[PDB]
Undergrad: 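Lab note: taniborbactam (bound form)/Beta-lactamase complex loaded, questions to follow.
The residues of chain A that appear here are 26-238, 240-252, 254-291 by the PDB entry count, in order. Because only heavy atoms are used, hydrogens play no part in the values below, and waters and symmetry mates are left out as well, while side chains stay in. When the header is checked for method, it gives X-ray crystallography, 1.2 Å. For ligands, and for the atoms within them, numbers begin at 1 and follow the listed sequence.
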Amino acid sequence: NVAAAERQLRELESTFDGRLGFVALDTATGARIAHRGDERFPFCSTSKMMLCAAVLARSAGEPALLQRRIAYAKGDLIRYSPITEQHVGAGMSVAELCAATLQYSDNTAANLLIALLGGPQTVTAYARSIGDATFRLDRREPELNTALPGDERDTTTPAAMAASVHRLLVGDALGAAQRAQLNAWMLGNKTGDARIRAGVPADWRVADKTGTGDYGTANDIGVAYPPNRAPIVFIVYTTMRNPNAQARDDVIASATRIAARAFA
Ligand SMILES: *[B@@]1([O])OC2=C(C([O])=O)[C]=[C][C]=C2[C][C]1[N]C(=O)[C][C]1[C][C][C]([N][C][C][N])[C][C]1
């Protein structure tokens, strides 16, 4: 019951002093549950999905690109870089940097990949090329996570991100090999156990990318793969009014459960 689910999302939002942006889409029927679907939210590290999709797209035209070694420096290292800091001095391949940024939310890896592509504007241009007129990447890590009230930098809408996740992981925005690699990376994410993954039935597989930012911002985007039915896209953006808010996992899990029940 889409209308019942949307009411429950409104009730969930009433429990905290912030905003919930949500879209769930059953890709077979197009059944769609949304809350604040056309409002902008700070996407934080969920942008790393669009970044790596852009890298994969480049690799379709440069066969050796994913195996190229990037010999980055200690001076490139910034906070929340659990893979790149361990391997500095040996370097990492482009594929390994994508895996790190997607599965561990590695910030240095994202900056290296942004630089490889030519800057944050190339990620925005990639989004436009797949039909997303809304996503905008304005800054690099870590400043893209400031999540300031009313700031449109480094934002998208839940609706635009739902369409982009659909086209990238389920549809044909990427070639088959690139779609499979993006899925494989996101299926292996390590940072989302308490978010979308905590709100779905035990037999659903999940490909997701989380984000956490200032103003208690807590996001998760991805696709659930139930057995014997089509994939379901889940987009969850949350951001709080208190600059001193502590980011939570439980609102995302609760919003996910609402939609999972509706799509039972
Ligand atoms: B990013 O948004 O992804 C990310 C997550 C995530 O995937 O949920 C968790 C932890 C770090 C990161 C890196 C990216 N975010 C930031 O760099 C901003 C940073 C995240 C940690 C917060 N810590 C507050 C005090 N416990 C503050 C902002």
Undergrad: List the source species for chain A given in this PDB entry.
TA: Burkholderia pseudomallei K96243
Undergrad: What residue and atom, counting heavy atoms only, is the protein's closest point to atom 15 (N) of taniborbactam (bound form, ligand 1), and at what distance?
TA: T237 O, 2.9 Å
Undergrad: Can you help me find the covalent attachment of taniborbactam (bound form, ligand 1)? I need the residue and the atom.
TA: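 Covalent link at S70 OG.
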Undergrad: For atom 23 (N) of taniborbactam (bound form, ligand 1), what's the nearest protein heavy-atom neighbour? Residue, atom name and distance, please.
TA: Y105 OH, 3.7 Å
Undergrad: For atom 4 (C) of taniborbactam (bound form, ligand 1), which protein heavy atom lies nearest, and how many Å away is it?
TA: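 Ranking protein heavy atoms by distance from atom 4 (C) of taniborbactam (bound form, ligand 1), first comes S130 OG, 3.3 Å.
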Undergrad: Look only at interatomic distance and state if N132 has a nitrogen or oxygen under 3.5 Å from any nitrogen or oxygen of taniborbactam (bound form, ligand 1).
TA: yes
Undergrad: How far is atom 6 (C) of taniborbactam (bound form, ligand 1) from its nearest protein heavy atom, and which residue and atom name does that atom have?
TA: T235 OG1, 3.3 Å
Undergrad: Should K234 be listed as contacting taniborbactam (bound form, ligand 1), given a heavy-atom distance under 4.0 Å as the test?
TA: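 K234: in contact with taniborbactam (bound form, ligand 1) (<4.0 Å).
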Undergrad: To the nearest 0.1 Å, how far is atom 25 (C) of taniborbactam (bound form, ligand 1) from its closest protein heavy atom, and which atom is that?
TA: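 Going atom by atom, the protein heavy atom closest to atom 25 (C) of taniborbactam (bound form, ligand 1) ends up being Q273 OE1, 4.9 Å.
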Undergrad: With atoms numbered from 1 as shown, which atoms in taniborbactam (bound form, ligand 1) lie under 4.0 angstrom from a non-hydrogen atom of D240?
TA: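 Here the atoms of taniborbactam (bound form, ligand 1) in question are 28 (C).
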Undergrad: Among all protein heavy atoms, pick the one closest to atom 3 (O) of taniborbactam (bound form, ligand 1) and tell me residue, atom and distance.
TA: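 Atom 3 (O) of taniborbactam (bound form, ligand 1) sits closest to the protein heavy atom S70 OG, 2.3 Å.
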Undergrad: Which residues define the site around taniborbactam (bound form, ligand 1) at a heavy-atom cut-off of 4.0 Å?
TA: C69, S70, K73, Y105, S130, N132, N170, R220, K234, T235, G236, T237, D240
